[PDB]
Amino acid sequence: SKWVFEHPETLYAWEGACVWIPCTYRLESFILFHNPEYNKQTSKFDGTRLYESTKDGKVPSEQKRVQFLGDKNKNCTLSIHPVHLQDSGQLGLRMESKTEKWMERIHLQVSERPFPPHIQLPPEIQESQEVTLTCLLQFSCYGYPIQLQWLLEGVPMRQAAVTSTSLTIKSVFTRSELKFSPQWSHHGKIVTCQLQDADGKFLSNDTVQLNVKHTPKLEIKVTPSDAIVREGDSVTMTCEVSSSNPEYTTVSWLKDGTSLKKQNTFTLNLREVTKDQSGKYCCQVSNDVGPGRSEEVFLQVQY
Amino acid sequence: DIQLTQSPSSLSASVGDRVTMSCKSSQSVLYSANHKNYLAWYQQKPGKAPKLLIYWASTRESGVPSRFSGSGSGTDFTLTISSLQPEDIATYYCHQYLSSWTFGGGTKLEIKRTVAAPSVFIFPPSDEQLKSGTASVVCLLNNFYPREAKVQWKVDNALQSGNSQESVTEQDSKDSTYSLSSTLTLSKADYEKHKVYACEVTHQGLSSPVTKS
Amino acid sequence: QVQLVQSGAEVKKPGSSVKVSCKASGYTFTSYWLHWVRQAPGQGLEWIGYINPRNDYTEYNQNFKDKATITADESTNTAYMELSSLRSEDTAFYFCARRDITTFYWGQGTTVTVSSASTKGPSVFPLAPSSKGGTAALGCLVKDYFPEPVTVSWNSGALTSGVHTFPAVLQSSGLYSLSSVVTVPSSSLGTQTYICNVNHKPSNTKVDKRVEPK
Ligand SMILES: *[C@@H]1O[C@H](CO)[C@@H](O[C@@H]2O[C@H](CO)[C@@H](O[C@@H]3O[C@H](CO[C@H]4O[C@H](CO)[C@@H](O)[C@H](O)[C@@H]4O)[C@@H](O)[C@H](O[C@H]4O[C@H](CO)[C@@H](O)[C@H](O)[C@@H]4O)[C@@H]3O)[C@H](O)[C@H]2NC(C)=O)[C@H](O)[C@H]1NC(C)=O
Ligand SMILES: *[C@@H]1O[C@H](CO)[C@@H](O[C@@H]2O[C@H](CO)[C@@H](O)[C@H](O)[C@H]2NC(C)=O)[C@H](O)[C@H]1NC(C)=O
């Protein structure tokens with residue numbers, strides 16, 4: 001009709017912090033209520049009054065808890081410093097111009113404790129492919145600066161994080177994006193995003209246990225590693241997997257680039273060997289990602 | 001496919017003794033980032049979940065007694081109980097948790113005492129049980145140490161396999177012995193098809209295998 | 001306060017399937033992997049698999065790919081583990097567990113027992129003492145009952161020296177069987193009557209049995 005307002009639908013904060021509420025609209029007096037209730041019986045709005053623009057001599061803003069930072073023509077942004085649990089509920093902006101009156105409601109949800117952030121990761125992380133892990137917190141207020149810190153197994157992750165802050169009519173948040181090149185060994189590790197205040201102090205955090213796809217990593221062993229193998233002797237080689245994500249399907253053995261016929265187990269036994277068995281040996285274990293191979297063992301037969 | 005080999009499978013030691021048990025991994029569990037070994041030690045009591053003792057191979061968890069300590073790095077680890085207490089009788093497991101989870105075979109801890117040969121008793125089936133259509137013969141092995149024993153049933157000198165079950169008690173809290181009950185079950189016709197029913201007991205405390213027939 | 005709560009004991013017929021639940025409390029369910037661990041009777045802890053409750057990605061032990069299926073429900077903060085074609089070797093304790101950075105959290109465990117049996121009371125048969133040097137052994141054979149909780153006492157609890165009730169065994173018929181024996185002085189044979197008191201509450205079976213020497 002005669003009023004248009006724009007602001008986030010819900011604003012989030014916690015006890016002891018501040019809330020900064022962007023607001024635009026399109027005035028004789030402004031009054032901020034908490035949970036305004038119209039009484040039809042007395043024809044008035046009842047409830048606690050958080051701000052009155054009419055009280056003359058009203059002290060400068062930062063000497064008040066509830067501060068109206070707006071104008072007479074476009075701006076209705078608000079500031080609560082400090083914000084309290086009892087402020088949780090509905091903020092009623094009662095505006096009066098010369099003919100019409102309006103009550104605009106903005107939701108302020110105050111938690112007793114700092115709420116946690118939320119990590120957004122790609123559905124597909126694989127080794128040596130760069131991905132941006134994202135940490136999102138739905139809070140920002142100029143009077144209460146904060147920071148987001150990435151941890152790896154409780155240890156301040158070494159990479160650089162990038163922090164950005166949005167305080168608009170559409171959304172209010174602080175976001176951190178950290179780029180890093182995951183390896184096979186991040187799979188199964190715990191990544192944490194800690195929300196802190198200025199000092200390195202804990203407020204809340206979000207946590208993930210990384211799922212990193214990788215081709216199989218292999219460790220090859222040989223029995224006569226320390227010693228001599230002449231003709232006839234026995235030699236045992238084993239193929240160990242360190243990790244594989246997803247699970248492996250088969251195992252194979254290769255000698256000087258050619259795959260050994262009917263040698264698809266994790267143990268290679270050469271018994272009654274000849275000098276022709278000399279050469280370079282490896283194993284191959286296959287993933288749904290692809291195959292991995294271990295190091296080569298060069299068996300030299302002595303005679 | 002990361003296997004963990006724990007040794008020994010069972011320890012017997014005195015009250016007040018210092019006890020160690022080893023866990024060797026076929027591959028390294030040392031993580032490259034935080035230079036931590038992703039191996040843990042558990043204590044498990046019967047019917048209960050394992051209780052964590054050591055994490056990252058060397059850190060004792062909260063409220064765990066100081067007699068328990070974990071050491072080692074890479075592929076070799078040792079759990080040490082500085083002064084064995086009666087409440088520490090349990091089975092202990094090692095556990096690697098880098099990506100997936102694998103566990104050691106376990107180390108059963110018991111109290112060591114003087115070797116005691118078992119008293120061997122045999123019970124023939126009752127006439128009451130024969131009226132039901134089944135015959136169970138019970139071999140009883142009472143108060144022996146160590147726990148390792150072998151019970152072989154023989155029916156007309158024919159060794160039995162797959163028709164018997166045994167059960168072993170916990171180490172008794174007063175004489176630190178074990179007891180074993182073995183039940184051989186045959187149909188009535190098969191029972192009446194033979195004459196001599198015996199259990200042969202082989203045990204460290206017996207110079208020769210004992211047979212009750 | 002951070003605790004894993006598993007479902008109750010399960011008795012399934014062979015060939016059937018079973019689905020065990022694991023409810024998570026006091027933490028963000030999607031933040032940590034949820035594992036399942038098996039412990040067969042008399043054996044050690046064997047890893048089954050895990051699920052990432054955030055993207056439902058699962059990995060398994062090689063030996064359980066044909067057996068276990070781990071799923072999760074974030075709306076109920078509950079993870080599940082389903083076993084497919086049940087055989088005798090599936091009778092075991094099953095734990096759900098998760099790791100934090102500094103510690104582990106384990107569920108209380110759930111028993112899966114595979115048998116075709118129904119609540120049945122036991123038969124109590126005497127283990128008669130005979131001549132076959134001052135000590136003799138007698139007892140009671142508590143046979144063919146289901147499920148397991150039976151209690152055996154001697155002389156209404158007035159006889160506790162020489163007594164050993166053995167752990168029950170699960171026979172191939174799916175019924176349990178248990179032996180409870182007493183070591184007594186051989187001169188008491190014939191005198192000071194011995195009576196075993198057998199109680200199986202699931203079937204409301206109470207059997208007193210005098211063990212007389214032949
Ligand atoms: C209704 O009317 C009120 C009137 O106050 C408007 O309020 C202004 O809001 C803006 C942002 O919305 C405020 O701007 C902020 O100022 C802070 C201080 O500025 C400088 O501070 C020191 C120097 O004193 C420098 O070191 C610093 O770098 C700043 O240059 C800053 O903390 C803010 O910077 C952050 O945000 C902006 C954009 O959000 C980025 O450009 C910055 O790089 C940084 O990320 C920001 O500059 C301003 O202070 C408020 N007014 C007053 C008088 O203080 C409302 O915006 C208006 N409502 C609407 C809907 O328009
Ligand atoms: C992340 O948040 C959790 C939860 O608040 C923190 O865990 C708490 O840690 C303190 C001391 O470190 C303990 O007193 C609490 O009991 C813990 N609570 C829970 C639910 O575990 C954790 O420390 C934070 N940081 C990291 C790196 O995980």
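Order of the sequence lines sets the chain letters (A, B, ...), proteins ahead of strands, with each chain counted from 1.
Most heavy-atom contacts to chains B and C: the chain the PDB entry names B-cell receptor CD22. The drug or candidate drug modeled at chains B and C is epratuzumab. Epitope of epratuzumab on chain A by residue number, heavy atoms under 4.5 Å: A/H118, A/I119, A/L121, A/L152, A/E153, A/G154, A/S185, A/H186, A/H187, A/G188, A/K189, A/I190, A/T192, A/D206, A/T207, A/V208, A/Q209, A/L210, A/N211, A/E219, A/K221, A/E240, A/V241, A/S242, A/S243, A/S244, A/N245, A/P246, A/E247, A/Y248, A/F266. Measured between heavy atoms, the residues of epratuzumab closer than 4.5 Å to chain A are B/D1, B/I2, B/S26, B/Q27, B/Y31, B/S32, B/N34, B/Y38, B/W56, B/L98, B/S99, C/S31, C/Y32, C/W33, C/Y50, C/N52, C/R54, C/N55, C/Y57, C/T58, C/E59, C/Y60, C/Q62, C/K65, C/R99, C/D100, C/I101. The entry attributes the origin of chain A to Homo sapiens.
Lab note - chain C listed in the entry as Epratuzumab Fab Heavy Chain.
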